[PDB]
Student: 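Let me begin by handing over the structure; questions about it come next.
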Amino acid sequence: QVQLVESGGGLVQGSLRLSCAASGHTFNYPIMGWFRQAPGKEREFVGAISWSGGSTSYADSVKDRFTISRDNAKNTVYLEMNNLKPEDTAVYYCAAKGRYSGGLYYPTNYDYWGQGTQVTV
Amino acid sequence: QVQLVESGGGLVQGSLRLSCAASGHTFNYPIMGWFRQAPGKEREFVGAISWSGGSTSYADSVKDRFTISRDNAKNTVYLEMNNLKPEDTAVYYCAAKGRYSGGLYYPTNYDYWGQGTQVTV
Amino acid sequence: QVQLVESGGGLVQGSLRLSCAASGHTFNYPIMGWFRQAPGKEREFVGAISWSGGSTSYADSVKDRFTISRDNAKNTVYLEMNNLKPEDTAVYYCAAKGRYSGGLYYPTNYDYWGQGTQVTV
Amino acid sequence: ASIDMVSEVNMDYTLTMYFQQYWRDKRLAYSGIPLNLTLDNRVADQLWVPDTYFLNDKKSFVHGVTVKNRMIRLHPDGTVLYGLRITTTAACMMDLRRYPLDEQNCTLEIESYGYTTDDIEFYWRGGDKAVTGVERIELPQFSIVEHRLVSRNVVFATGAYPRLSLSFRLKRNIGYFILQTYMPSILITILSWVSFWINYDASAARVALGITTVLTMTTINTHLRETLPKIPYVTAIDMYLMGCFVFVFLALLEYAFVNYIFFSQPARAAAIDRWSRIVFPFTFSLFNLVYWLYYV
Amino acid sequence: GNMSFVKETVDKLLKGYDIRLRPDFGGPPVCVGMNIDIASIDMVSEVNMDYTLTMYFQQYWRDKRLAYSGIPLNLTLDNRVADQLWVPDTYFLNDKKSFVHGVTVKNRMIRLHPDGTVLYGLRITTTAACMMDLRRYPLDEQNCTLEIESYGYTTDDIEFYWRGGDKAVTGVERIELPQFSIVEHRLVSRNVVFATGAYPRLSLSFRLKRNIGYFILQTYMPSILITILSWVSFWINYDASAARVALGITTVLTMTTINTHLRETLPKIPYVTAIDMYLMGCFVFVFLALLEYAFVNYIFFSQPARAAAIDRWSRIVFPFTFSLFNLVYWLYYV
Amino acid sequence: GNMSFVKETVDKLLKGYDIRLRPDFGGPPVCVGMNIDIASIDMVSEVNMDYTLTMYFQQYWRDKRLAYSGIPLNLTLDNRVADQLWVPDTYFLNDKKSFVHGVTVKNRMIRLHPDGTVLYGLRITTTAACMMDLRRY
Ligand SMILES: *[C@@H]1O[C@H](CO)[C@@H](O[C@@H]2O[C@H](CO)[C@@H](O[C@@H]3O[C@H](CO[C@H]4O[C@H](CO)[C@@H](O)[C@H](O)[C@@H]4O)[C@@H](O)[C@H](O[C@H]4O[C@H](CO)[C@@H](O)[C@H](O)[C@@H]4O)[C@@H]3O)[C@H](O)[C@H]2NC(C)=O)[C@H](O)[C@H]1NC(C)=O
Ligand SMILES: *[C@@H]1O[C@H](CO)[C@@H](O[C@@H]2O[C@H](CO)[C@@H](O[C@@H]3O[C@H](CO[C@H]4O[C@H](CO)[C@@H](O)[C@H](O)[C@@H]4O)[C@@H](O)[C@H](O[C@H]4O[C@H](CO)[C@@H](O)[C@H](O)[C@@H]4O)[C@@H]3O)[C@H](O)[C@H]2NC(C)=O)[C@H](O)[C@H]1NC(C)=O
Ligand SMILES: *[C@@H]1O[C@H](CO)[C@@H](O[C@@H]2O[C@H](CO)[C@@H](O)[C@H](O)[C@H]2NC(C)=O)[C@H](O)[C@H]1NC(C)=O
Ligand SMILES: *[C@@H]1O[C@H](CO)[C@@H](O[C@@H]2O[C@H](CO)[C@@H](O)[C@H](O)[C@H]2NC(C)=O)[C@H](O)[C@H]1NC(C)=O
Ligand SMILES: *[C@@H]1O[C@H](CO)[C@@H](O[C@@H]2O[C@H](CO)[C@@H](O)[C@H](O)[C@H]2NC(C)=O)[C@H](O)[C@H]1NC(C)=O
Ligand SMILES: CCOC(=O)c1cncn1[C@H](C)c1ccccc1
Ligand SMILES: CCOC(=O)c1cncn1[C@H](C)c1ccccc1
Ligand SMILES: CCCCCCCCCCCCCCCC
Ligand SMILES: CCCCCCCCCCCCCCCC
Ligand SMILES: CCCCCCCCCC
Ligand SMILES: CCCCCCCCCC
Ligand SMILES: CCCCCCCCCC
Ligand SMILES: CCCCCCCCCC
Ligand SMILES: CCCCCCCCCC
Ligand SMILES: CCCCCCCCCC
Ligand SMILES: CCCCCCCCCC
Ligand SMILES: CCCCCCCCCC
Ligand SMILES: NCCc1c[nH]cn1
Ligand SMILES: NCCc1c[nH]cn1
Ligand SMILES: [Cl-]
Ligand SMILES: [Cl-]
Ligand SMILES: [Cl-]
Ligand SMILES: [Cl-]
């Protein structure tokens, strides 16, 4: 039972910081994942972070542009979206994956989904 | 070698509390079971409780109506018969099951049988 | 990541001491090896030493003539070339071998190569 | 059948069970016999059986005496029942932040090894009644609060796989820790206060009470730390022992303060001992009240 | 759809198939692609200088003897068919003891594709050697590796590659070690030469940063507080000889207990670790505190003013010099 | 090049081959050459007076029953062929417990040469006794 609230999207023409705040049984869900859904297209992996260790992974598209990290004190994960492009125009969602729930890349492996911030540039 | 005495049946039109008091080698018989036998029909499982842990099980018929618990100080188990019905009209028996004696549901797995309180509504 | 600098070659007609000084991650590369390349011929094993233990090996040609040892304080290995011959005329190279990297004798098993001192007699 | 062990050190538990699989193979349908055919176990080597595995197991075997502990029962329509008796040691990552007032969720994950959801689908046969014998679990140190059965599909690069999960919630029993951790620490703390009724001229006596109470706390901790993983965070029991340690250390410093002033200021020295006798028991009572409300 | 037709197709593939001969025997090398999905690292042992790794090990290669037509499906076959095929002779060169998981069947997968591509999967637990440099322990970084090699086939017969390149190993984020974090992983391919020939090698390596927190709470903080306890002696009157030598003895002797406990879970290495340097420092402090009493004891009859001065100085100098000791140590090692 | 031709050659070698009989049975002794490549010594135990050794153990011998013509190659065969050949009955006389490594296959090599020379390799871990004189320990 995890609850996820995300903030820091908005509209820009530039560096940005999305954040994702968790609460509840986060021990059973050690991984947080960022997805994005463009109009028409399927839901797409951006990156993921372990709560414990900070072990990080990224899609190729956002590799050496976006950076994810967290702080366990606030129970918060953040996507720092630097060097933005007009391809980066989608409903960005935050999600939690269980310990034995499969590969990082596949959205149906994730259980608790945030609301979804729209981002246009 | 276990002895079982049950009380708190009687006749009503309502909430009721049957009790079942054990004495002897109760360590070898970790489970207590409640059965009921209607006139004509075969002896039927109601529910069962572990002495140690209080791990409980119920038949579907009495699920979210009857509640069993115990106290190890008095060596007593009780069936709290709430939300009674005219289907609940049978000789209610208490029984003890050995550690390796099989499935909960099967009366021939149980060794020490109480006297049997008649209950009519 | 190992760096290797060798010195004490030169031209003579006699006893000589080549040295080989290491710096960096020498724990991952427990073996240092001496090779020599004559003009035209393939690169040829001379001898090798473990940093820890001083366990030594030599080619037959230089057996009971050349002697290798080291000091772990300076991170230095030395080839003491005694009883020299006109066959001993080659570019002498120093090299480091990884823990699981194969047989001592084979130059392609070695990763970090020194500059290579020319020696003529 | 049993949960034999739970290990905090190895973060695993050992489970022994009768694992039954049912499926229909119409190649094995038979006519003219109104019986179910129970066949000798060795026929299992001549049939297709599912490639089921335990995804969080560390080491598992099928019991072998007096024969391989294994059952095949055919039914006329080609339904196969296949039974196995399995012992499995399975991983249980444990959150020990509230240990020993902790609750653990220990799981068994069941998956198809090679066949995707195109080829195979899993279900709990009998739904929420598909796992039995939870009442047979007799762990001295734990009670089973609840069990749950879950079905999902899981995606890897190689495809989508059926998954079943059994999970238990395990409440650790406090009683062992009261008698062999909390009560020792309380009484060593009380022993430290005996020093406040000893005359301040008995320097050896009072520093001996201080030393022996400070040093026995260390022994409690060492013993407890001997059966636990090397976790990098503080547990609930460590917070209790650190509290007790601060109390027994301050009792010894109180003697050093009295010792330092009693020559020049024998009245103030006497006042500090006379206050300590009330203030240390009272403040340890408050410490216990705050701790036990936070963690129970 | 037709099971008899598939049975016919599969029976045809294995008819006259020689398991003794690799694909393209006598011709170019068979190329074997490798994926790993890490399930877990269960243990790291300093005592045994090894770690335990559980993983899904996938091998891909083409065997044109197993090419099939008229079926637009990939054929997943029951695991037991692996005994009727050639498979690569892959082994873990730094393993100490390894098994393929066995319940409810051998944990093993074969998938054929129409062009003769075989996918072969295994679930393996392996205990693997990790020579550890403990000179900075417990503020150490270790490089733990898994070396993958062909046992018998040289690079004439077989070539290895990471299938998907730098994406070929997955599940590194699943590693949950209490005492460690994974900083980085790397994938390496090389050829290795022995007397018997040149062999393909793949290496997976991890960099493991040890977490300090356990050692603060159960090693460094005990040693600091036993050192502080030793200074209580400087506020006790010099006439309390029993009291002050008792504080000295009990602080000197508890340091030994810290060390013994720590040395109980470590190899018998012949060099000094970082933690040993800390404890030796603390030991010198607690031993000198006791000698200070012997110096005071020796002079206080004849020279009660000098004796009082030495206690009064010690109260400032021992805390200050221990603070400096800590500053130098923690800057050198962090 | 021709896999059917090699299959024919190999099948011919094993046709009527008796694993019960050593090479040159009833004649001069078979000469077995041994190489070892040490992988590791993992442990030395004073308590158990033993040590643990992991190694590549190579045996060479000639079996003229396995001589082949018309192929200028050495034939490396899949490990499972070892069960169809005679191999020497070599053992470690001071071992306490030993195994041949088993993942991903039995760690074992056969290489034939045209003249009938067999190379047979095994990766072995062995715990071996070491009576220790601890008088100067
Ligand atoms: C121990 O800890 C584990 C975590 O590791 C807990 O596991 C989770 O438990 C919950 C139930 O408590 C599981 O939730 C259920 O998941 C089902 C499967 O969902 C996936 O798959 C289907 C397709 O098969 C997809 O449609 C779906 O989107 C998911 O991808 C759902 O079908 C369930 O839904 C039903 O219940 C919910 C209410 O719970 C309703 O809202 C729905 O309408 C519906 O009726 C349900 O959501 C969850 O999957 C488990 N997670 C993991 C990682 O396994 C254990 O519960 C816990 N055990 C104990 C004893 O505490
Ligand atoms: C843990 O510790 C181990 C040491 O035990 C480290 O391993 C070494 O890692 C480096 C990379 O960091 C490896 O270097 C690379 O080796 C490749 C293979 O080289 C050999 O084989 C080829 C033929 O296959 C020959 O051509 C070559 O001469 C060698 O004999 C090279 O192909 C790589 O080259 C590429 O990168 C370099 C820059 O790094 C460029 O300059 C080149 O142009 C090229 O693009 C590269 O050199 C090295 O082989 C490893 N050593 C061992 C002993 O295995 C781990 O890196 C370390 N792990 C972690 C996580 O820290
Ligand atoms: C063979 O086994 C089947 C399956 O266990 C038996 O059928 C069940 O019988 C019980 C009553 O005894 C019913 O409650 C179930 O609904 C039946 N299931 C099915 C799928 O038929 C069957 O009785 C056995 N056959 C013989 C001849 O013994
Ligand atoms: C059989 O398996 C192959 C290999 O995994 C499948 O082919 C891949 O299909 C995906 C799309 O689904 C492509 O991205 C890859 O490039 C394909 N690889 C190759 C080498 O063809 C194929 O779809 C499967 N066949 C059937 C009939 O299921
Ligand atoms: C087969 O193996 C043999 C034996 O290892 C190889 O012969 C050796 O070849 C090297 C040169 O490469 C010589 O130094 C040795 O003296 C040879 N030994 C013998 C007994 O002949 C041979 O090259 C290999 N054959 C093929 C066709 O690869
Ligand atoms: C003031 C804080 O110091 C201490 O608690 C302290 C210092 N030496 C020992 N201890 C205690 C026994 C302890 C150590 C580790 C974990 C739990 C408890
Ligand atoms: C002055 C140096 O002596 C000591 O440190 C010394 C003497 N007896 C015990 N110790 C300490 C506890 C120690 C021993 C070994 C390793 C680390 C620390
Ligand atoms: C079921 C929950 C367990 C609670 C255990 C409470 C033990 C605390 C005892 C408090 C000790 C006070 C010492 C006396 C000082 C006057
Ligand atoms: C993250 C790095 C760990 C650093 C730990 C530092 C602990 C050192 C404490 C110093 C103790 C001084 C004693 C007081 C003397 C006045
Ligand atoms: C923390 C060092 C020990 C201090 C002892 C307290 C004595 C009283 C000082 C006035
Ligand atoms: C645990 C013992 C507490 C005793 C308090 C002393 C009070 C004395 C008042 C005269
Ligand atoms: C006077 C000592 C009080 C100790 C605390 C009682 C236990 C509280 C449990 C909720
Ligand atoms: C994690 C914080 C725990 C707080 C309760 C411990 C007792 C403190 C009393 C002052
Ligand atoms: C190293 C032996 C012990 C010496 C004690 C110091 C006393 C003071 C001497 C003047
Ligand atoms: C750790 C305690 C340090 C106290 C220093 C004493 C200074 C006293 C000055 C009058
Ligand atoms: C006064 C005590 C100072 C102790 C050292 C602080 C830690 C330094 C980490 C770089
Ligand atoms: C290897 C040398 C380590 C030096 C730091 C230890 C502290 C010494 C302070 C005097
Ligand atoms: N049953 C899927 C096995 C697996 C896990 N990871 C990769 N393959
Ligand atoms: N794969 C080569 C095995 C080996 C190592 N040493 C000798 N042979
Ligand atoms: Cl297993
Ligand atoms: Cl005295
Ligand atoms: Cl093995
Ligand atoms: Cl043996």
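Numbers restart at 1 for each chain; the letters A, B, ... are given by sequence-line order, proteins then strands. When the header is checked for method, it gives electron microscopy, 3.6 Å. Excerpt of entry shown; contacts counted in excerpt. Every number for a ligand or one of its atoms is a count from 1 in the order of the listing. Quick note: numbers below take in every heavy atom, side chains included, and nothing from hydrogens, waters or symmetry partners.
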Student: Which drug molecule is found at ligand 6 in this structure?
Tutor: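 Answer: etomidate.
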Student: Name the macromolecule with the most heavy-atom contacts to etomidate (ligand 6) in this structure, as UniProt names it.
Tutor: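 It has the most contacts with Gamma-aminobutyric acid receptor subunit beta-3.
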Student: List the other chains with a heavy atom under 4.0 Å from etomidate (ligand 6).
Tutor: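 Going by non-hydrogen atoms, D, E.
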Student: Quick one: what's the source organism for chain D in the PDB entry?
Tutor: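 For chain D, the PDB records Homo sapiens.
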Student: Write down the residue and atom holding a covalent tether to etomidate (ligand 6), else none.
Tutor: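 As deposited, there is no covalent site.
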